[PDB]
Amino acid sequence: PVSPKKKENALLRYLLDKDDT
Amino acid sequence: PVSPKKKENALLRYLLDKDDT
Amino acid sequence: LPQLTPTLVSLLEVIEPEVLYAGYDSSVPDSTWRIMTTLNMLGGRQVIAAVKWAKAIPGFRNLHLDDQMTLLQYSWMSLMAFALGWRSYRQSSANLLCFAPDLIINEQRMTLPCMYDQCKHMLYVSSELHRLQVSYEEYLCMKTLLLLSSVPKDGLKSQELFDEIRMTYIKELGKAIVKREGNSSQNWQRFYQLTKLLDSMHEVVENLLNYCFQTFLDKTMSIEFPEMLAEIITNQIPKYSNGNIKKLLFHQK
Amino acid sequence: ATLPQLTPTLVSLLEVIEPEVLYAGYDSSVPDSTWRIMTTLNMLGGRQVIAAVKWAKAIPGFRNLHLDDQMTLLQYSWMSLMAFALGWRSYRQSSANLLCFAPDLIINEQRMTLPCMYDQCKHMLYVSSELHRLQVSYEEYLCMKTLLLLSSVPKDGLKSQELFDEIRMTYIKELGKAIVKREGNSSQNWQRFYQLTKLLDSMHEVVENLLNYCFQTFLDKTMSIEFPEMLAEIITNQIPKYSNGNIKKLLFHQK
Ligand SMILES: C[C@@H]1C[C@H]2[C@@H]3CCC4=CC(=O)C=C[C@]4(C)[C@@]3(F)[C@@H](O)C[C@]2(C)[C@@]1(O)C(=O)CO
Ligand SMILES: C[C@@H]1C[C@H]2[C@@H]3CCC4=CC(=O)C=C[C@]4(C)[C@@]3(F)[C@@H](O)C[C@]2(C)[C@@]1(O)C(=O)CO
């Protein structure tokens, strides 16, 4: 159903995807 | 002889003589 | 003496992020406002470090990405509060809150206008770690557990794997206990007490969150929060306070 | 009758007169540097020495010695006292892993790797590691530090020598009482007394190194490293005779 305040944790997701070095 | 200490640290001497309050 | 084989707790230790400093200028008078603000800045950097940490935890990355965010969102305060208590207990026997070895809340700062009202709970966890004389390994396992201390009431898209991982670390906590004690009776008592500390963590977090949200939603106070914390806080604010979240516990009240 | 202290103990006195730790008020918001770290530490040293004077005057019998001896003792062991206290806070605050000049100012791995920092800190870490290795108790520590104040006298004694030796022997005994109190097994009471007293003796050797490094820096405007009013006068004071062989270093063991 509804869930206002969407796209609230964009930064966190980014940090969880990358990595390797 | 000679006590050449005359001078060196009148600050400490001062600090060691007065604590009542 | 050559084990040359990593254990689950051995890997949990090498990934433990190193303590970071707040780069606080203490050459000028303190003030509640400035300290809370510097600590918030430090909080963001710690949570960011907590992300790389969580990602290195065996099994965490193989959970749905959404759940990875859920767990970190649902326990960022517990993780930081627990870490803080740990350093305080280690550095000064839980007498001083050691947010970072260079920024410590001494007695003088503790008496500031609003310092104690909020620090008392941080001190609580620090006190408990001292009381129980928690070892490093036990501490490591417990902290991992806090990351898996609560989930949304319904489940995670990978709940199946979640409970499996959580189970593994509960048993990991058991192993730490057995090789620190010496006997066997006080092993289960140990487990009882340690798991009891984790349970109470939920309550300490609740009080810290209330305060965090309060100061976050009142700029007359003027306290600032960095990107990471601001982003997370705004997300949690509503869903949290109500009580639409399931807090996992080892001992039911 | 009722106790603790309705009839105070000598070591109980040392505990209450122990000055509390001071914070350097260092600005860590901007990058560090050998020059800035040291200067901040010197200023801190000035205030710590000032507190040491107030501390010394509260030590029963100390200020009954001629006023000049009071001045001599502090000038002859301000480094030993400060370095010993440093090692103590380092040992207690981080198991002698780091140097805790102040609970808010710690010479971490990053700062330890600076240019001249390790060659200096090296000797300081030694005393901390030693306190950690021997698991020195707070009480034994209080007595030992007091003994450090009375660890070096002139080559002709003091103007109140008779009283001095009496005070020193009084605290040597106090140290022994701390050792006995710390344990129930008297088996190795004398063995521990040997270790602790041996450590005290070694302080002379670490002080010398820290001091040579203190004078060399003081006398080098090129290095631009400030010393507060307090330290400046004491360094310029001792600097001449802390080389020619005017001071007699008291030792518990000769060997
Ligand atoms: C009482 C709360 C709880 C606090 C936090 C508790 C956990 C924590 C541990 C740290 O090692 C550094 C910062 C944090 C992450 C924190 F200390 C700061 O952020 C300030 C904080 C939110 C708080 O003081 C405020 O709400 C101030 O706005
Ligand atoms: C190596 C020496 C020994 C140092 C001192 C050792 C004892 C000490 C302990 C402290 O808790 C704070 C400052 C002092 C009192 C000190 F750390 C500083 O003054 C700097 C110092 C003199 C020194 O680093 C320098 O001479 C560089 O200027």
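Each chain gets a letter, A, B and so on, in the order its sequence line appears, and its residues count up from 1. For ligands, and for the atoms within them, numbers begin at 1 and follow the listed sequence.
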Discussion item. Could you check which drug is at ligand 2 for me?
Written reply: dexamethasone
- Query: What is dexamethasone (ligand 2) bound to here, taking the chain with most contacts and naming it as UniProt does?
  - Reply: Glucocorticoid receptor
So, with a 4.0 Å heavy-atom cut-off, what else is touching dexamethasone (ligand 2)? Just the chain letters, please. D
Q) What part of D/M79, side chain from CB on, backbone N/CA/C/O, both or neither, has a heavy atom under 4.0 Å from dexamethasone (ligand 2)? A) side chain
Practice item. Pull out every atom of dexamethasone (ligand 2) sitting under 4.0 Å from any heavy atom of D/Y213, numbered as shown with elements. Key: 1 (C), 26 (O)
Subject >> chain D organism per PDB >> reply: Homo sapiens
Checklist entry - Hey, which atoms in dexamethasone (ligand 2) end up nearer than 4.0 Å to a heavy atom of D/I225? => result 28 (O)
query = For dexamethasone (ligand 2), which atoms sit closer than 4.0 Å to a heavy atom of D/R89?
reply = 11 (O)
Numbered atoms and elements of dexamethasone (ligand 2) in range of D/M38, under 4.0 angstrom, heavy atoms: 27 (C)
message: Give me the residue, atom name and distance of the protein heavy atom closest to atom 26 (O) of dexamethasone (ligand 2).
response: D/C214 CA, 3.1 Å
Heavy-atom contact check, 4.0 Å cutoff: does D/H123 meet dexamethasone (ligand 2)? no
Please classify the D/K122 to dexamethasone (ligand 2) contact at 4.0 Å (heavy-atom distances, strictly less than): side chain, backbone, both or neither. neither
Side chain, backbone, both or neither: which part of D/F218 comes within less than 4.0 Å of dexamethasone (ligand 2) when only heavy atoms are counted? neither
Worksheet entry | Numbered atoms of dexamethasone (ligand 2) (with element) below 4.0 Å of D/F101, judged on heavy atoms | 10 (C), 11 (O), 12 (C), 17 (F)
| In terms of residue, atom name and distance, what is the protein heavy atom nearest to atom 13 (C) of dexamethasone (ligand 2)? | D/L41 O, 3.2 Å
So, for dexamethasone (ligand 2), where in chain D are most contacts, UniProt-domain-wise?
NR LBD
ask   = Non-hydrogen atoms of D/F215 versus dexamethasone (ligand 2): any pair closer than 4.0 Å?
value = no
Review point. Which heavy atom of the protein is the closest neighbour of atom 8 (C) of dexamethasone (ligand 2), given with residue, atom name and distance?
Key: D/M82 CB, 3.9 Å
**Prompt:** What about D/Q120: any of its N or O atoms under 3.5 Å from an N or O on dexamethasone (ligand 2)?
**Reply:** yes
Quiz prompt | Mode of D/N42 contact toward dexamethasone (ligand 2) - side chain, backbone, both, neither (heavy atoms, under 4.0 Å) | solution = both
Could you find the nearest protein heavy atom to atom 10 (C) of dexamethasone (ligand 2) and give me its residue, atom name and distance? D/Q48 NE2, 3.3 Å
Which residues form the binding site of dexamethasone (ligand 2) when counting heavy atoms under 4.0 Å? D/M38, D/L41, D/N42, D/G45, D/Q48, D/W78, D/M79, D/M82, D/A83, D/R89, D/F101, D/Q120, D/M124, D/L210, D/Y213, D/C214, D/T217, D/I225, D/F227, D/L231
Mind listing the N or O contacts between dexamethasone (ligand 2) and protein, cut-off under 3.5 Å?
| residue | atom | partner | partner atom | Å |
| --- | --- | --- | --- | --- |
| dexamethasone (ligand 2) | 11 (O) | D/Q48 | OE1 | 3.2 |
| dexamethasone (ligand 2) | 11 (O) | D/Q48 | NE2 | 3.1 |
| dexamethasone (ligand 2) | 11 (O) | D/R89 | NH2 | 3.2 |
| dexamethasone (ligand 2) | 19 (O) | D/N42 | OD1 | 3.0 |
| dexamethasone (ligand 2) | 24 (O) | D/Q120 | OE1 | 3.0 |
| dexamethasone (ligand 2) | 26 (O) | D/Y213 | O | 3.4 |
| dexamethasone (ligand 2) | 28 (O) | D/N42 | ND2 | 3.3 |

